[PDB]
Structure formats: C-alpha cells, structure tokens
Enquirer: 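This file holds Tetracycline repressor protein class D with chlortetracycline bound.
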Protein chains: 2
Amino acid sequence: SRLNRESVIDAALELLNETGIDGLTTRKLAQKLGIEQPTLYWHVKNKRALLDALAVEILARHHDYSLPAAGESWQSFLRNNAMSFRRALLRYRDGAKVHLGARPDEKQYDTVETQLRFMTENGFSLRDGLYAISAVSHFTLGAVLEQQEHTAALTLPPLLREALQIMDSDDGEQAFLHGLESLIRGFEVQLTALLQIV
Amino acid sequence: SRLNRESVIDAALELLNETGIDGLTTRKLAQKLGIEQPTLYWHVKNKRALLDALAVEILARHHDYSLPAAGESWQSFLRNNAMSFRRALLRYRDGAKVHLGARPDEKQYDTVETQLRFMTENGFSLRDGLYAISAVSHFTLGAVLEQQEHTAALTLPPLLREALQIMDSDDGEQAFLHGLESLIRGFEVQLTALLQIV
Ligand SMILES: CN(C)[C@@H]1C(O)=C(C(N)=O)C(=O)[C@@]2(O)C(O)=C3C(=O)c4c(O)ccc(Cl)c4[C@@](C)(O)[C@H]3C[C@@H]12
Ligand SMILES: CN(C)[C@@H]1C(O)=C(C(N)=O)C(=O)[C@@]2(O)C(O)=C3C(=O)c4c(O)ccc(Cl)c4[C@@](C)(O)[C@H]3C[C@@H]12
Ligand SMILES: [Cl-]
Ligand SMILES: [Cl-]
Ligand SMILES: [Cl-]
Ligand SMILES: [Cl-]
Ligand SMILES: [Cl-]
Ligand SMILES: [Cl-]
Ligand SMILES: [Cl-]
Ligand SMILES: [Cl-]
Ligand SMILES: [Cl-]
Ligand SMILES: [Cl-]
Ligand SMILES: [Mg+2]
Ligand SMILES: [Mg+2]
C-alpha cells in the first residue's frame, strides 16, 4: 500500500489497537502493509522510532486543548489541557505507555514553549509554572496508565471492596476530575501566597 | 541454587536491575539461577506471575511508610506515604512499570484497608478519602515513571531549554515535593469546605 509517513502512522495506530504496545512489532507492521521487512525498514528503522512518531501524532491528531483560549484563566487552561491530554492518551490501546517512551519533539517545541510562557505571563516563576504543568502531566499520565496497564494484567476487606466498586463504576473520570481540582486549588493557594508563610 | 520463593525473588530483582522490565525473561532467570527452564517453571509459571510477585515484594521490602504513625495528621501521613512509595518505586530499574502491571494483592489487603479507614476516621467520606489516596498514587507513579521510561528511551526554545535544565538538576525530587504539597493543600481546602460553595 502507500508508505508515505501519514499512511505508515495510520497503519501503526490501527496495529497498536489490535496488539497493544508490547505486541506491536515492525514484522507485524510490514504484514499489515503487504510489504517485506526490508521495504518497511527504508521507511521505519525500528520500534523505538515508530513509538516516538506515534506519541507525537497521537497529540497532533487528538489533543486539541494544547493552547489556552484568548483571555482564558491559567486555572481554566490547566483544567481543559489536562482533560484534553487524558482523552488523547485514552484514544489508543496503551496510549499512556506510548506517550511515556518519547521525546518532547521538535514539532511540539513551540506548543510546550507557549504553555510555559502563558504560565509566566500569569504570575508564575518559570520554576513554579513548570512544577504546575509537570504535576498536572504526571497526575494525568498516572491515572490514564493505571486503567490501561490494569486491563493488560487481566488479559476482600469491606472498604477496599466498596472502593474497587467505586473506582470501577466510571473509568476513573470522577476520581481524575476531583484530583484535578484539588491540584489546581493547591497551585492557586501557592501562587497567591507570594512570600507569606502558608 | 536454592529455589525457595525469597531466593527466586532475590534473583529476579537482581535480573531486573541488569535487564530492565522489557528484557527480564524466565529464560534469563533460569540461566542466572543455574537451572533448566522446566525446573524454573515448577517455581514460576510465567513473566506475569513473576512481575505480580516483584511488585508486592518491592513494597514489602522497601515501602516502610505504609501505615500512619500514632496520632499523625492525615496531611503528614499522605506526605510520608507518598515519599516512601516514590523511594520504593525508584529502588529498582523500571520499578514503576513493575508496580503498574500488578494486583493490590491478598498480602497487602489489610494495609490498603487501614489507609482507607484512617482517611474516613479523619473526616473524609470513603469516596473523597479514596480520591485523595488515588490522586497521590497516580501523581507519584506518573512522576517516577517519567524518569524511568525517560532513561529507557535514551539507551530548543529558551523556556523549554531552561525547564529541561531545571527538571534535570535533581531527579524530579523538587518538582515531586512541590506538587505533593499543592495536592495535599487542595484536599484540605476540599475537606474543610463541607457543603459550602468553594
Ligand atoms: C499535559 N499538559 C500539561 C502538557 C501538554 O498539553 C502537552 C502538549 N504537547 O500539548 C505536552 O507535551 C505535555 O503533555 C507533556 O507531555 C509534557 C512533557 O512530557 C514534558 C517533558 O517530558 C519534559 C519537559 C517538559 Cl517542559 C514537558 C512539558 C512540560 O512540556 C509537558 C507538557 C504537557
Ligand atoms: C501510595 N499510597 C497512597 C498507597 C500505598 O501506600 C500503598 C501500600 N501498599 O502501602 C499502595 O498499595 C498504593 O501505592 C497503591 O498501589 C494503590 C493502588 O494501586 C490501588 C489500586 O490499584 C486499586 C484500588 C486501590 Cl483502593 C488502590 C490503593 C488506594 O490501595 C492504592 C494505595 C497506594
Ligand atoms: Cl508508497
Ligand atoms: Cl505524508
Ligand atoms: Cl519490532
Ligand atoms: Cl512479530
Ligand atoms: Cl477562564
Ligand atoms: Cl531449592
Ligand atoms: Cl521463602
Ligand atoms: Cl518470559
Ligand atoms: Cl530471553
Ligand atoms: Cl502530624
Ligand atoms: Mg510527556
Ligand atoms: Mg498501585
């Protein structure tokens, strides 16, 4: 079939939903495209470069709240951004594992730069703005993962019994959204304090 | 060599530091113990059961702030617990990936039950106490991971340039500890509010 970049990525994402990250191989990617392994290699050198590519395209195709809206609050931007990043990670099987094994890439450079500039324009130091952005990022990847490598594994005292019922009634959305607010109000308490003891 | 449980786990952890999670195989575990593959199989049926075992023993050997101290505040307990869980995950190569692929096990049942009871005794609902515990857990696993599958990968605009310098001056400890406080103050703001609009 066509082996332009955007066709190869299309096929590899389709393969990732079928196999999960651990079973995604270049060998299986060549079979799906109808080509011999040395043909694929001219296009894709290894699994790592494939995964680097998928991590970037997943956000480029599906992460549509990369950037704050005109005049949006930093609070509203972190909420929207986090929700967008979660949805984009959940869209493909092992999406979070695909994300984690990858470089904040040339192509994204100016997106992540804009995010940091926006935090500093809203009264954060670079360090504290980066700590907020990183915290939201780590919390969000941790939640999405838990689910996703949860499901991978499977292919009581009473409170733990009720809690596993609770955590498995939606798919971590409630718990995700409640922690998101907790974390944002924490940053705002920190920001407002300045040099006051808090 | 000896193939009691605690010897097999000792050898497998030693293997995990040498290979990382992706290269840990039962075949390599049998070679390290000086035994044939069918001998290992009587003891260990597959990689998954091995990883299930390692995840539990890692916390049992190294997570020493599972339980709150006599009269400790819930705030102080979440801080200490999170720091303990981070240290225990970082102790072995791909520790966080080992954690994620595993069941809150029979053996841990009463530990995690105690944590939830302690939150409800401190004025949290079961749901809100579970949301706090889960948030701390997801944030902590997300941070530790980023590092660990960061390093796996490797084997600029100015703010991003300074920020990668910042994130890579300690090993995420500062950023981890700052988000930890943000998250705890967020839970306390939520808890104190009751039914007030907040
Ligand atoms: C989830 N959200 C907060 C951020 C986001 O929306 C991103 C985006 N491409 O739109 C990211 O790349 C992020 O999701 C993302 O992945 C980031 C990230 O991985 C990262 C790493 O690894 C190292 C240094 C930095 Cl400065 C970053 C960093 C801050 O750029 C984050 C940003 C987040
Ligand atoms: C990091 N810390 C907050 C907790 C902790 O210290 C644990 C421990 N064994 O000492 C955990 O198991 C935890 O680190 C841990 O791993 C938990 C966990 O995985 C989990 C899962 O997967 C499903 C349901 C529940 Cl209720 C839990 C849960 C709440 O027990 C958490 C607890 C945390
Ligand atoms: Cl072509
Ligand atoms: Cl193309
Ligand atoms: Cl491969
Ligand atoms: Cl294959
Ligand atoms: Cl707003
Ligand atoms: Cl023996
Ligand atoms: Cl034993
Ligand atoms: Cl194996
Ligand atoms: Cl092997
Ligand atoms: Cl205390
Ligand atoms: Mg990232
Ligand atoms: Mg866990």
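To find a chain's letter, count down the sequence lines: the first is A, the second B. Shown for chain A, in order and in the PDB entry numbering: 2-156, 166-208. Numbers in chain B come straight from the PDB entry, and the residues shown are 2-156, 166-208, in order. The basis for the numbers below is simple: all heavy atoms, side chains too, and nothing from hydrogens, waters or symmetry mates. When a ligand or atom number is given, it counts from 1 through the structure's own listing order.
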Enquirer: Specify the chains or ligands that represent chlortetracycline.
Expert: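 At ligands 1 and 2.
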Enquirer: Which other chains are in heavy-atom contact (under 4.0 Å) with chlortetracycline (ligand 2)?
Expert: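 Other chains, by heavy atom: A, B.
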Enquirer: Which residues and nucleotides from other chains come within 4.0 Å of chlortetracycline (ligand 2), counting heavy atoms only?
Expert: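 Within 4.0 Å (heavy atoms), the residues are A/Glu147, A/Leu170, A/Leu174, B/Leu60, B/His64, B/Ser67, B/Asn82, B/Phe86, B/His100, B/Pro105, B/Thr112, B/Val113, B/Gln116, B/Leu131, B/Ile134.
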Enquirer: Which atoms of chlortetracycline (ligand 2) are found less than 4.0 Å from any heavy atom of B/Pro105?
Expert: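 Checking each atom against B/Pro105, I get 20 (C), 21 (C), 22 (O), 23 (C).
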Enquirer: Less than 4.0 Å from chlortetracycline (ligand 2): which other ligands or ions?
Expert: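 Near chlortetracycline (ligand 2): ligand 14 (magnesium ion).
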Enquirer: Among residues of chain B listed in UniProt as binding Mg(2+), which lie with some heavy atom under 4.0 Å from chlortetracycline (ligand 2)?
Expert: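 Short answer: the UniProt residues with a heavy atom that close are B/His100.
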Enquirer: Could you tell me which organism the entry lists for chain B?
Expert: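 Per the PDB entry, it is Escherichia coli.
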Enquirer: So, looking at chain B, which of its UniProt tetracycline-binding residues come within 4.0 Å of chlortetracycline (ligand 2), heavy atoms only?
Expert: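 Going by heavy atoms, UniProt's tetracycline residues within reach: B/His64, B/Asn82.
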Enquirer: So, regarding B/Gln109 and chlortetracycline (ligand 2) (criterion: nitrogen or oxygen to nitrogen or oxygen, under 3.5 Å), is there a contact or not?
Expert: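 It does not: no N or O of B/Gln109 is found under 3.5 Å from an N or O of chlortetracycline (ligand 2).
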Enquirer: Can you report which non-hydrogen protein atom sits closest to atom 33 (C) of chlortetracycline (ligand 2), along with the distance?
Expert: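 Closest protein heavy atom to atom 33 (C) of chlortetracycline (ligand 2): B/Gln116 OE1, 4.2 Å.
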Enquirer: Are any of the N/O atoms on B/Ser138, whether in the backbone or the side chain, positioned under 3.5 angstrom from an N/O atom of chlortetracycline (ligand 2)?
Expert: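 So chlortetracycline (ligand 2) has no N or O lying under 3.5 Å from an N or O of B/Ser138.
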Enquirer: Checking the N or O distance criterion of under 3.5 Å, is chlortetracycline (ligand 2) in contact with B/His64?
Expert: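 Checking chlortetracycline (ligand 2) against B/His64, an N or O pair does fall under 3.5 Å apart.
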Enquirer: Using a strict cut-off of 4.0 Å, indicate which atoms of chlortetracycline (ligand 2) neighbour a heavy atom of B/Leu131.
Expert: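 Here the atoms of chlortetracycline (ligand 2) in question are 26 (Cl).
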Enquirer: For atom 29 (C) of chlortetracycline (ligand 2), find the nearest protein heavy atom and state the residue, atom name and distance (0.1 Å precision).
Expert: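 Scanning the protein heavy atoms, the shortest distance from atom 29 (C) of chlortetracycline (ligand 2) goes to B/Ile134 CG2, 3.4 Å.
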Enquirer: Tell me the protein heavy atom at minimum distance from atom 3 (C) of chlortetracycline (ligand 2), and give that distance in Å.
Expert: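 Protein heavy atom with the smallest distance to atom 3 (C) of chlortetracycline (ligand 2): B/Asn82 OD1, 3.0 Å.
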